[PDB]
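Complex: CB3717 / Bifunctional dihydrofolate reductase-thymidylate synthase.
Chain identifiers are assigned alphabetically from A in the order in which the sequence lines are presented. Shown for chain A, in order and in the PDB entry numbering: 3-43, 46-48, 74-196, 225-252, 285-298, 310-610. Going by the PDB entry, the residues shown for chain B are 4-42, 46-48, 74-196, 225-252, 285-300, 310-610, listed in order. As the structure lists them, so they are numbered: ligands from 1, and atoms in each ligand from 1. Looks like X-ray crystallography, 3.0 Å, at least that's what the header says.
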Amino acid sequence: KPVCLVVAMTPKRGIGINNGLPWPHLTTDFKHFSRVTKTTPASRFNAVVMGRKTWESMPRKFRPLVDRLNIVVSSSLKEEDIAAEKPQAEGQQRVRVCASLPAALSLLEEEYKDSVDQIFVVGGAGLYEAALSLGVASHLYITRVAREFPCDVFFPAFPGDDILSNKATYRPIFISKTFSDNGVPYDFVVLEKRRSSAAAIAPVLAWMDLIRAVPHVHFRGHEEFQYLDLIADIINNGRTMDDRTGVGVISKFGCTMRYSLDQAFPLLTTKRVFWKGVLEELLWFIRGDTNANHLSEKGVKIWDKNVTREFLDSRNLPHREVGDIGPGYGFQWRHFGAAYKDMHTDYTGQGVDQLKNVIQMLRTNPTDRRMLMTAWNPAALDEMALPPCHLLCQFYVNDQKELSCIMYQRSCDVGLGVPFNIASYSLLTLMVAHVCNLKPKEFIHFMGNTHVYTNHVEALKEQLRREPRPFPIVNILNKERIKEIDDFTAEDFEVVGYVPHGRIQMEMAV
Amino acid sequence: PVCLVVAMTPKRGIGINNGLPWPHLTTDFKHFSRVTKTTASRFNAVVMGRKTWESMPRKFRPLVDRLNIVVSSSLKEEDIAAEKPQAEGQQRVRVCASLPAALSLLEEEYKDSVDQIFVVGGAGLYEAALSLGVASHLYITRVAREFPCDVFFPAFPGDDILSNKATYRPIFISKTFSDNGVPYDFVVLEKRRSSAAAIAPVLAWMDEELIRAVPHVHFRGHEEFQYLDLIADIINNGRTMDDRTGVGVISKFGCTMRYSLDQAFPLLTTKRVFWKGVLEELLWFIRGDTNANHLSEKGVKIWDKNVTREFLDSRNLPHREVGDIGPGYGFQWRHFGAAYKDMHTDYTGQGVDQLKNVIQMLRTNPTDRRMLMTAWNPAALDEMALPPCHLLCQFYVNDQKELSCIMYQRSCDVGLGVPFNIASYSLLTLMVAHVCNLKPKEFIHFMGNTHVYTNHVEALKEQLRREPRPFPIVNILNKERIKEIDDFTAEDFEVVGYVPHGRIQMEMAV
Ligand SMILES: NC(=O)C1=CN([C@@H]2O[C@H](COP(=O)(O)OP(=O)(O)OC[C@H]3O[C@@H](n4cnc5c(N)ncnc54)[C@H](OP(=O)(O)O)[C@@H]3O)[C@@H](O)[C@H]2O)C=CC1
Ligand SMILES: NC(=O)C1=CN([C@@H]2O[C@H](COP(=O)(O)OP(=O)(O)OC[C@H]3O[C@@H](n4cnc5c(N)ncnc54)[C@H](OP(=O)(O)O)[C@@H]3O)[C@@H](O)[C@H]2O)C=CC1
Ligand SMILES: C#CCN(Cc1ccc2[nH]c(N)nc(=O)c2c1)c1ccc(C(=O)N[C@@H](CCC(=O)O)C(=O)O)cc1
Ligand SMILES: C#CCN(Cc1ccc2[nH]c(N)nc(=O)c2c1)c1ccc(C(=O)N[C@@H](CCC(=O)O)C(=O)O)cc1
Ligand SMILES: Cc1ncc(-c2cccc(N3CCN(c4cnc(N)nc4N)CC3)c2)cn1
Ligand SMILES: Cc1ncc(-c2cccc(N3CCN(c4cnc(N)nc4N)CC3)c2)cn1
Ligand SMILES: O=c1ccn([C@H]2C[C@H](O)[C@@H](COP(=O)(O)O)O2)c(=O)[nH]1
Ligand SMILES: O=c1ccn([C@H]2C[C@H](O)[C@@H](COP(=O)(O)O)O2)c(=O)[nH]1
């Protein structure tokens, strides 16, 4: 009696154009559709109910949908029209035609009470709209396509449609990890209409034996749940400490996350991440550049507060020009151990080029276990505006030419920095994979002092009420031009299908 | 349906002079109470021998909320009537002439009143119960230290759970506890001879999918299961690769373990770990010593194969004397960045003493987030006999003056090195805690390239068939004398209650 809806949908609720699908073929989505509509426990089949145009949109070879009772809602098509279109295969059910959705559901009760198990409404907008109006839909199986495409047909507005993009309810109980086919990111959600072996162990367990992110979500496949759960874990279980800043901190020690890079890109969705910032900083690092004015001048001000006259003096660096971070990250990457003078100097050929070494080892001997890059130079710390937070990274290639990367971070501002750090090293992994002819597989985040500032806790709690959106894809453009790590520009990247929730203001502790 | 509850030394010792052999173990008593009390209006019964009844302090006898039965021919029910004032709600103590009689009485006069029957000592009752074959389960507290005893729990098939020599197999192994300088743990042996319905179909298509360590053990509380499961995980899921050595490897990337240091010490038990080796190497590191002959001369040969004329030449270090590891681990700890000459040189005051800095920061500003030590100096790598494996560690103090330590290891020989590395940095944590007036809490192991050599897999599979024993305690002796990190000697340590399985020979891949 209670129907399910099954649908794939752009963020703007688009489902169709020109009586076809808006996107190229999404293989995994089709598998899912088939598997959800066919699978059943009994001589009980499922029924699929569809509109006339949806029936017409389907290629002849696939229609009628096999092993499923097909019902078409139409006032023009007759059952004989359909029977005449293609010969009924033995064992399959003869396609029914009904005048409306109510009629289709009556027919299912009247003529098929003992025959059908589940009822699926499978489009188009006519049927989705009616089903929601009648209030007979218990569950929505929604494939969220993260890219927008030209569409002329749309899934109707519904309470809970904030799962799709920014503006009885339908709340998500299931959010998968991000898939991709043909350069299209997407994921799967399910919404629900809302409004004496063990007996011997038991007594010993008994004596031996709160903030949660979107707790209604039971299957937490989306990899962003690692970040969301880490926020909750620190707030619930962390310890309140003082620190350098004078601001409060709640901290934990020794934390881990890992993000797939093969299908999509972990640009967190639960608040907008400053992508221009990640890209510009990483290119700056790669250059060995220590002049934060080069960032500031492009609208990336992340380093400004730590390179003021004031902050440099608090660090006993009176001789530093404003903007000079000293021998920080990129300097140690490209010139480890070289004698620093200032940000204006040519250091070409001084010290160890760790990045070159890593790349050359990846290209020639990828089973080597010493493919590390470090920014932590105890001899140079006092000369830096700030000791590095992300201080070491290690590369690994498997049997399939898949590249993984670990980064160790001594100090993790979970609220502000962590999302930015995830994106930064995930991007570096993409860039290195490309230049070494490898496939990016995984970014692995190892975290030391993992903390949330006290002045962030109330904003972070709001963030935890948001369900994640599918991750976008990052494409490297102009691959043919790009042969070395130094070749990348700010323009050779495309972020595809990024649909985050709004910015949340969070003040940087200087 | 009877269960035995007992605490026992590795040699099966239970008693001396009609008392317990050990000082009071608080957690064991909690456990005993909780197991025997926890349950309708149905109580548990405890059955005990006369001497056991006499051994118990009057304040605790009879055992509250439990039907007490004493097995004796000399003692009388009436004696207990007037021995002590009887509370309402509690059951009158019964006396029976034998264990068979106690069990008959339970059937005859307490058919439905009682749930579980517990035999609670002493050797008279344990022996009878095992002879009758009426015991289904053993609740055994394994005391890891040996004590003078005159009374022993009987030999039983499966008593190899206690020390090295119808069956009793362990189904439960807890983590290691300690009270009054006594390590112990808890085992249980068993006598042998539509929210989810909507999610279901989507989960089914998403999973399109075997070594296990002592699989009969269902509750896997012992922290050594992290190591055992990591072995299994690599063998099951790892990828076969070549490597530097020419030997096969099966590898994974990005692995984690963490070990409590507050109660006991993670010296793995499933094979004997070379403790003299860990202690001597760590002291050597702390000295800044780079002469492996100093280790070799004490019977610690771990560095010999990597400091031969042959190996040094394969590394293009002809000018190195045999035994000179170059500017490796301890050199970088105590003298980061100093110009190396040879192992005979005084480097006092050259480079950065990272260990001193960490300790001074712990003693003066323990909320600082830069308490790191690194051995990874890209400028010096080519001069080293071997690039360091354990390359970075970070310290952390919470609000309770508890010290935790993270160590990052780029390359992990799971078979040979890992157990040794766990012990090494856990020990360093103890030493640092003491000298900084802190309480050791936790060692956290972060692992990069995590591998098992192919020529170890056969031996590792044997290792996985062994149940872990309780972890020992490591005590620092002569605490009063020891005020700085340099003060420790090879003699200021005591390892208490270590009862590992036998050595397993595993060749070092050179
Ligand atoms: N991305 C996705 O998940 C999905 C994509 N699609 C796309 O959607 C499009 C087709 O959907 P759409 O254009 O909305 O057409 P529909 O599938 O809704 O079919 C429209 C026709 O069906 C009949 N009908 C529908 N609703 C009613 C109603 N309430 N009462 C009576 N008759 C009704 C009428 O047939 P008649 O006029 O003969 O009486 C009507 O003209 C295509 O582009 C297709 O590719 C389809 C399914 C899902
Ligand atoms: N570590 C642990 O977990 C525990 C250890 N203990 C220790 O054990 C010691 C006492 O144990 P133990 O010396 O064996 O004494 P018991 O407590 O077993 O009592 C022995 C007496 O019980 C009676 N009895 C024993 N066996 C039988 C039998 N098969 N049939 C009939 N009557 C029997 C006899 O008294 P009678 O002649 O009157 O019948 C015998 O002298 C103490 O040191 C105590 O601290 C005790 C509890 C648990
Ligand atoms: C990490 C790192 C590099 N850094 C450097 C940097 C320097 C000092 C720091 N200090 C503290 N206390 N926390 C930090 O995260 C931090 C980060 C950054 C600094 C600022 C922003 C920032 O202003 N954030 C963006 C939004 C980014 C996001 O969504 O997370 C903004 O517009 O505010 C980002 C990165
Ligand atoms: C890590 C580390 C220290 N080290 C240093 C060290 C040096 C080179 C290495 N090389 C390789 N390939 N694997 C290693 O584990 C390794 C370890 C060790 C070296 C040897 C032994 C050894 O031959 N067996 C020990 C058993 C110790 C144990 O139980 O783990 C013995 O008793 O001889 C142990 C530790
Ligand atoms: C190239 C191509 N074009 C179309 C199809 C195809 C085959 C069978 C059915 C369909 N439909 C397209 C829309 N459908 C659908 C697809 N995906 C979800 N999640 N829900 C749906 N209702 C079911 C109907 C499309 C397969 N391959
Ligand atoms: C100082 C002190 N001395 C003795 C006791 C005490 C109190 C009640 C009972 C006992 N027993 C000691 C040994 N017992 C026991 C203890 N622990 C386990 N695991 N099994 C057991 N059977 C039960 C008998 C000991 C408590 N406190
Ligand atoms: O890439 C970065 C740079 C900085 N920080 C944060 C961590 C701390 O909150 C702060 C630096 O303070 P200390 O860890 O140096 O005390 O900046 C990050 O999280 N990531
Ligand atoms: O403390 C140590 C030192 C060495 N190794 C092992 C790891 C590797 O098997 C080998 C080092 O060889 P490379 O990682 O340099 O290839 O020694 C350890 O596990 N722990």
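All instances of CB3717 are found at ligands 3 and 4. At a heavy-atom cut-off of 4.0 Å, other chains contacting CB3717 (ligand 4): B. In chain B, the residues that UniProt lists as binding dUMP and that have a heavy atom under 4.0 Å from CB3717 (ligand 4) are these: B:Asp513, B:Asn521, B:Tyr553. With a cut-off of 4.0 Å on heavy-atom distance, none of the UniProt-listed substrate-binding residues of chain B is close to CB3717 (ligand 4). Closest UniProt active-site residue of chain B to CB3717 (ligand 4) (heavy-atom distance, 1 Å): B:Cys489, 6 Å. For CB3717 (ligand 4), the residues with any heavy atom closer than 4.0 Å are B:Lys371, B:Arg372, B:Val373, B:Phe374, B:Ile402, B:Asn406, B:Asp513, B:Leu516, B:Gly517, B:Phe520, B:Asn521, B:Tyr553, B:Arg603, B:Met608, B:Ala609.
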